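In this structure, metyrapone is found bound to cytochrome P450 3A4.
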Amino acid sequence: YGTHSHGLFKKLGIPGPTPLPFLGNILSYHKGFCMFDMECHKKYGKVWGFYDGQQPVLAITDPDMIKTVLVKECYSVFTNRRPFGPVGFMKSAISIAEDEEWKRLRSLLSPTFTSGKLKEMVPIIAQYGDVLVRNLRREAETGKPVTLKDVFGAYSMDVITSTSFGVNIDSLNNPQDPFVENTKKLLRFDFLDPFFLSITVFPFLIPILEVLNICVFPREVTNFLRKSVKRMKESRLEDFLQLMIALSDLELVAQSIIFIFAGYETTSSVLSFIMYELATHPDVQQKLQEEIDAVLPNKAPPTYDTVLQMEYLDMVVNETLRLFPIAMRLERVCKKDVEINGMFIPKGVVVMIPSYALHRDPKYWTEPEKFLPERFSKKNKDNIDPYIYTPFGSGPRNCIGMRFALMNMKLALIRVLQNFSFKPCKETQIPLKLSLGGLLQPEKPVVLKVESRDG
Ligand code: HEM
Ligand SMILES: CC(C)(C(=O)c1cccnc1)c1cccnc1
């Protein structure tokens, strides 16, 4: 048949686009995720409904409901995310753990992310602020446009190794065949490439793949890491890794893989967006570059706290994310039958939350296409609704590495700005771009001219 749930958002009354027999609505994804989420916002109003193959997906918007699913019933009903491809042992990674397994793993690794262990960690990261700048000499010193994610990938990689395991290398070009090479390969998934597009229409295909040990995390890489943490529990007997020292032994390898997975590519992608918004906005760059020099007496190493008080930095961050919430949705699975401010939702239904849309809904933002931080200064800062600006989600299952991500990103900008300036040039294609893949990302990679500030 192929149309199981296709008559749920007529009969229950929710509006929406109308499915084809086996595909449902996936053909809308040629725009990518965002655009379909917008277009439907305009169209079917404040709540709507659609089918990813025959998985029925319900969008929401009113913050009151958002909160009731994202914070409130959160343990009761609405705890797991949607399952995806064959996951194998990464089944026990915290982002993919469900229900009580998740509750266990959460409050356990929470301690690992407490500020404290973070300020304990900043010195390590600072270290790769210098390394990043030294090797950005030889991109400027060679006066040729500069591909940013190439330089920020190595920075993430460098910070990802050290914080996660201890291994302290300058992958940043240079020693680029140790260990860099597995991590280099842990790339975020494109849920619009033909593999997952298949699996969505063919959910029954997943258990099949399960058996053939086919797994969505490249086994080459998982094997390697699984034996690297082997090597180390041992060696050390005579850092997130050590930090984790019931929590299972071979569960630890799942988390630390996931910590790399989430951290590596998102950090370098956001970072290079920021440096896109400080070209053709040298006016923001200035307020910041100056803001910096004032907190950091002409070149001075950033500290944990020098960071937290730089809240024009903190402003450029938040607005950059406003535009580019890398997880263009938060998405939660309805445990069971439940009603949420008069709207009722049946078991097995995906409750979705169009973050990137919301983050441009002319209702909570104005001239909402504009890069302009002053939304995030006090006087604008705290009028806008927490369940609308959700770039790390909200409620128990938010980004457990939020502060860390933010710490580490700022930490990088400071050392960068406080030495350099970033202006357009050839290929710095000024419109903006934006992939029609299922990853939120440029399309053409952002490349800039980088002129040294006296050096
Ligand atoms: C670039 C900055 C980052 C962004 C925007 C981001 C975004 C997110 C979002 C939106 C979620 C889901 C939130 C929700 O369901 O409400 C999430 C979950 C998660 N993030 Fe991040 N993340 C970032 C950096 C990091 C890094 C550095 C780590 C390293 C530990 C990390 C680890 C995780 C984990 C483990 C989860 C799932 C935890 C759970 O589901 O209980 N993230 N992230
Ligand atoms: C993939 C992962 C782990 C994640 O849990 C996630 C990402 C987007 C939406 N929902 C969940 C993630 C990805 C990027 C940053 N943090 C976490």
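Here the PDB entry sets the residue numbers for chain A, with the shown residues being 25-262, 270-276, 289-498 in order. Atoms within each ligand, like the ligands themselves, are counted from 1 in listed order. Hydrogens, waters and symmetry mates are skipped; everything else that's a heavy atom, side chains included, is used.
Every copy of metyrapone considered, the relevant parts of the structure are ligand 2. Within 4.0 Å of metyrapone on heavy-atom distance sit the residues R105, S119, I301, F304, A305, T309, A370, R372. In the entry, the organism recorded for chain A is Homo sapiens.
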